[PDB]
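Anti-Caffeine VHH Antibody in complex with caffeine.
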Amino acid sequence: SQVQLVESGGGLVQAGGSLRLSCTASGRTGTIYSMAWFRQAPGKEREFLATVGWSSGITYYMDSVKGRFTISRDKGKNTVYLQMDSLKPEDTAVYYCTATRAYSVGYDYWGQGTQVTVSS
Amino acid sequence: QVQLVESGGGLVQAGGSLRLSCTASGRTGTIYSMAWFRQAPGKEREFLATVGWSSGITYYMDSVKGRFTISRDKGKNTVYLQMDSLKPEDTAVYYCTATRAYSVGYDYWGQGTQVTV
Ligand SMILES: Cn1c(=O)c2c(ncn2C)n(C)c1=O
């Protein structure tokens, strides 16, 4: 793979708590147009959550996470973040980061995910 | 600056097929890609598939890959979602979107069309 992604930052918290996910990209990172976070709860489909423009830092959020989660990136460190506040049990899932290449569409590169568990 | 109107859908028998379409009007030259989402009752909007407006390159989520086909006719300003091998859990309101060049996410949304399997 010309770009490799590794997510970290997951773990177990109680409801009301916070986590900060991160994902480092390596390889041909100059080809990245945007990065996005998804999550997959057990037995469910992958759900798109939020995206950030790699060059611009412009962001877009789905209503499921808007106003609790913040996506950002430190371009010089080739790292994207997902700040997750006011976590609820229903946020429990494997969280994946992805990259979309310039002149492509969709989600070209995927990490292996990081587990997020929110208990009562 | 861009308006989207979806057509197609309605009641369809399981195992069958439906083709949805969406026509864009306005500043269509600014469109980089278009994408279909769906929302089952009481659930979140789920991203399904996208097509590059200039190139026709496509991407599908695993939920629909190998069953739905997305395509576009640039001259007619129209994008299509061919839905084959439909299953009960495909019942949802289907929404088409457009993303402007140099934007991110989903800038323009249609009003949706119901598909009931
Ligand atoms: C919206 N958009 C663009 O506008 C774009 C792009 N790659 C190049 N451009 C211009 N990608 C991947 C993209 O999603």
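Below, chain A is the first sequence line, B the second, and so on; all start at residue 1. When a ligand or atom number is given, it counts from 1 through the structure's own listing order. Heavy-atom basis, side chains included; hydrogens, waters and symmetry copies ignored.
Every other chain with a heavy atom under 4.0 Å from caffeine (ligand 1) is named here: A, B. In this structure, the binding site of caffeine (ligand 1) at 4.0 Å (heavy atoms) is formed by A/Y33, A/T100, A/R101, A/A102, A/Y103, A/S104, B/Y32, B/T99, B/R100, B/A101, B/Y102, B/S103.
Residue, atom and distance of the protein heavy atom nearest to atom 5 (C) of caffeine (ligand 1) are B/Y32 CE1, 3.4 Å.
Short contacts between caffeine (ligand 1) and A/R101, defined as distances under 4.0 Å to a heavy atom of the residue, involve ligand atoms 12 (C).
In terms of protein heavy-atom proximity, atom 1 (C) of caffeine (ligand 1) is nearest to B/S103 O, 3.4 Å. Atom 8 (C) of caffeine (ligand 1) has A/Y103 N, 3.5 Å as its closest protein atom, hydrogens excluded (heavy atom only). On the PDB entry, the origin listed for chain B is Lama glama.
Residue A/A102 approaches caffeine (ligand 1) through these ligand atoms, each under 4.0 Å from one of its heavy atoms: 7 (N).
Residue A/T100 has at least one heavy-atom neighbour below 4.0 Å for each of these atoms of caffeine (ligand 1): 12 (C).
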